[PDB]
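Snapshot of chlorpromazine at Beta-lactoglobulin.
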Protein chains: 2
Amino acid sequence: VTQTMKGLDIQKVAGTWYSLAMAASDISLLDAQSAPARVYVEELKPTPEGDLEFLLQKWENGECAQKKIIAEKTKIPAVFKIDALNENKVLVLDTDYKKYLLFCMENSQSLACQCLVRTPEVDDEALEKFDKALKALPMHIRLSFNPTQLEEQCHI
Amino acid sequence: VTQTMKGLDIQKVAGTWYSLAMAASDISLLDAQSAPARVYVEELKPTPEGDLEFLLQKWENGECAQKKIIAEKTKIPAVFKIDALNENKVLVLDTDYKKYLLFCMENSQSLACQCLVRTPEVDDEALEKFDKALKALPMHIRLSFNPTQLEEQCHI
Ligand SMILES: CN(C)CCCN1c2ccccc2Sc2ccc(Cl)cc21
Ligand SMILES: CN(C)CCCN1c2ccccc2Sc2ccc(Cl)cc21
């Protein structure tokens, strides 16, 4: 991924978000409701020391679970790192802070991204920017959700 | 759907095709490998009387089945009709006859479409046209396949 935001004021991205759209390099990453990249954002929490913490929802066994994950900071302001079996990088491509924010999760050759929004509505404008950002990238599946699904656990 | 091809010479669309990309109004139509719209095109056969016949592949129980379906002709050259529990319309939006062909299956509020190609390669140009044609339409999932998957039963 070759697109980060400059002057990333991480403190300003805290609060409430909606995973409006999702996309992945491989069909099986967003494939079924249980698929590995199919993860729903509830909340972004930065820590005082500048780490970034996710609140998420996942369909796991027979239902919608809750989760926390903490992405530790780096030298480049917009790149974070999560400790799993892999080297998992999170990158903030772009955000205007108060409507939308775009980001990608990547490893290593797998890659997923998302268009986050503040309210339960279809920001047409946000979807463009998200589309522009991806045509640089080798994606093979995309999803987006309606306002009705946006107010449910795990998106219905 | 508000886009058909004019002067549709149905005889010229016979032979071999590859379901390069797919898209649907609802996530669950292309969702899992078993999903209702997830149907792979092997061959288009017109009949002498101008009916249009599909050869397809579907993942059904534990494997990739074969199928035939016959879409009967109408007054408008580019619209066909299949007899199921529903009124199922097929529409040919566009084809240059020798590289790509776009079409949509619709009922009634469900809708899926596809970009068909002649060989196992990514026609970048074909994907544009397909993208143009859909932004008129309320889609919420898209897929595309690589050349490797294109030579397998049911796309791997
Ligand atoms: C335990 N899980 C639910 C979380 C890892 C899922 N997840 C993910 C998915 C597909 C490919 C790469 C990644 S890294 C990542 C980075 C940030 C976030 Cl928010 C999610 C992910
Ligand atoms: C028995 N099945 C495998 C065939 C029906 C599936 N199929 C379909 C899917 C989702 C929504 C509407 C339709 S009508 C249709 C028209 C032409 C073709 Cl080629 C396929 C379909």
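Chain letters run alphabetically, one per sequence line, in listed order. Chain A is numbered as in the PDB entry; shown residues: 3-110, 115-162, in order. Chain B uses the PDB entry numbers throughout; the residues present, in order, are 3-110, 115-162. For this deposited structure, the header notes the method as X-ray crystallography, 2.6 Å. When a ligand or atom number is given, it counts from 1 through the structure's own listing order.
- Other chains, heavy atom under 4.0 Å from chlorpromazine (ligand 2): B.
- The residue-level binding site of chlorpromazine (ligand 2) (heavy-atom cut-off 4.0 Å) is B:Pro38, B:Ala39, B:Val41, B:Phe56, B:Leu58, B:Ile84, B:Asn90, B:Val92, B:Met107.
- Protein non-hydrogen atoms do not reach within 4.0 Å of atom 4 (C) of chlorpromazine (ligand 2).
- By the definition of a contact as any protein heavy atom under 4.0 Å away, atom 11 (C) of chlorpromazine (ligand 2) is not in contact.
- Note that atom 14 (S) of chlorpromazine (ligand 2) has protein non-hydrogen atoms nearby, at separations under 4.0 angstrom.
- Applying the 4.0 Å criterion to heavy atoms of B:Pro38 picks out, from chlorpromazine (ligand 2), the atoms 9 (C).
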